[PDB]
Engineer: 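Structure of piperacillin (open form) bound to Penicillin-binding protein,Penicillin-binding protein - open in front of me now.
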Amino acid sequence: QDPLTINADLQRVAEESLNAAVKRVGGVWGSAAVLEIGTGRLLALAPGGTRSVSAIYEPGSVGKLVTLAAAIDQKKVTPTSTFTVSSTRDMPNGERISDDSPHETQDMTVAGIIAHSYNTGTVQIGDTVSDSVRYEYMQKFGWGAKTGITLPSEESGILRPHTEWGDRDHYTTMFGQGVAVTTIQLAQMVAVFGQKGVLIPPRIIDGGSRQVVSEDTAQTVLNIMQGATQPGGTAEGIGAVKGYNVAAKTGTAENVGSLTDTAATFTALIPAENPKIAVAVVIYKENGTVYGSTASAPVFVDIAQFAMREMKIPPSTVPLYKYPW
Ligand SMILES: CCN1CCN(C(=O)N[C@@H](C(=O)N[C@@H](C=O)[C@@H]2N[C@@H](C(=O)O)C(C)(C)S2)c2ccccc2)C(=O)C1=O
């Protein structure tokens, strides 16, 4: 019978979690997409109108995975390459870049950088690759284009041609600012890292795809992503799905509305040793800041715990991956 892909129980979990989280956090709206890994099948899409597919927003530091992957794919960097992290850092082109909150400067590996999500580290990582190269990766990950799901009013996102980026744009697009995204785009993206560098176009209809990154870089981005829940990681505690290895990335971005809003974002893969779902969450607050971790992780967590039961996936048999930092 059922020609749609939605899992009704999973959908209800999503809507519930989502609704609660938006209330909890004083947001004005939210959205969540759960994609099955390997098939591109939508298991859940909240809030169930079309806003999930048509509301666009600057995603923030979830965009960091695009730049990380580019640098790695181009072999310009490795998990264990080391850079200096600082509360601010003045760049060649006259730009000052700042971390969320000041910290003692120190050297960190790439692994630890995006794990702590330090802009000052990632900006350096992005500088190892040309803007036209980054730009091309951004497009292959599906930014600035409709995913092509069969639901009305999909927005294409905003991805200005790199040849158009100023000194600020050079660096802001490195951590998902100066770019607009829909939640469906974000799920499709992270899905790549569980798909051996392949992007599968999402589907809501079953029935009386492209290579974005190498299989190897996908897997390394996958290992780095597991650093999110470990001590010091932005999703420590809050991102934990008891008994299951979680690869994830938070994001907390400013948006206009001028520049008074924020979008708390979360994109995760689970279970990390062998991903079965790709999850993307966003909660938008209007005159206030809201953190991907405090806001959106809990949603993923509720969804993720159910999905693992629902899909009769056994708990993780192997340790959460660690690179030294
Ligand atoms: C173009 C100017 N302009 C405006 C937008 N803006 C900005 O909002 N910066 C944010 C940012 O994007 N940094 C995060 C990326 O999300 C890093 N990752 C977060 C995470 O994942 O939790 C983090 C660990 C909380 S900080 C930020 C800073 C402080 C608090 C929350 C978010 C800039 O500063 C910036 O350049």
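Chain A uses the PDB entry numbers throughout; the residues present, in order, are 260-466, 472, 482-530, 534-601. As the structure lists them, so they are numbered: ligands from 1, and atoms in each ligand from 1. FYI, side chains are in, hydrogens and waters are out, and symmetry mates aren't considered; it's all heavy atoms of this structure.
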Engineer: Which residues from other chains neighbour piperacillin (open form, ligand 1) at a non-hydrogen distance under 4.0 Å?
Structural biologist: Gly319, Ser320, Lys323, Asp359, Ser376, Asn378, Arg427, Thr431, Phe434, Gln436, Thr507, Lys522, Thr523, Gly524, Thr525, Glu527
Engineer: What protein heavy atom is closest to atom 3 (N) of piperacillin (open form, ligand 1), reported as residue, atom name and distance in Å?
Structural biologist: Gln436 NE2, 3.9 Å
Engineer: With respect to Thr431, determine whether any N or O atom, backbone or side chain, lies less than 3.5 Å from an N or O atom of piperacillin (open form, ligand 1).
Structural biologist: no
Engineer: Got the closest protein heavy atom to atom 15 (C) of piperacillin (open form, ligand 1), with its distance?
Structural biologist: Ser320 OG, 1.6 Å
Engineer: Mind checking whether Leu535 has an N or O less than 3.5 Å away from an N or O of piperacillin (open form, ligand 1)?
Structural biologist: no
Engineer: If the cut-off is 4.0 Å to any non-hydrogen atom of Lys323, which atoms of piperacillin (open form, ligand 1) fall inside it?
Structural biologist: 17 (C), 18 (N)
Engineer: With a 4.0 Å cut-off, strictly under, does atom 34 (O) of piperacillin (open form, ligand 1) pick up any protein heavy atom?
Structural biologist: no
Engineer: Using distance alone, decide if piperacillin (open form, ligand 1) has a nitrogen or oxygen within less than 3.5 Å of any nitrogen or oxygen in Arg427.
Structural biologist: yes
Engineer: Less than 3.5 Å between some nitrogen or oxygen of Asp359 and one of piperacillin (open form, ligand 1), yes or no?
Structural biologist: no
Engineer: Where is the nearest protein heavy atom to atom 13 (N) of piperacillin (open form, ligand 1): which residue, which atom, and how far?
Structural biologist: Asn378 ND2, 3.3 Å
Engineer: For atom 4 (C) of piperacillin (open form, ligand 1), what's the nearest protein heavy atom and its distance?
Structural biologist: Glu527 OE1, 3.4 Å
Engineer: Less than 3.5 Å between some nitrogen or oxygen of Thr523 and one of piperacillin (open form, ligand 1), yes or no?
Structural biologist: yes
Engineer: So if I count the atoms of piperacillin (open form, ligand 1) from 1 in the order they appear, which ones are less than 4.0 Å from some heavy atom of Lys522?
Structural biologist: 21 (O)
Engineer: Please determine if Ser376 has a nitrogen or oxygen closer than 3.5 Å to a nitrogen or oxygen of piperacillin (open form, ligand 1).
Structural biologist: yes
Engineer: Could you identify the single nearest non-hydrogen protein atom to atom 32 (C) of piperacillin (open form, ligand 1) and state the distance to 0.1 Å?
Structural biologist: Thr525 O, 2.9 Å
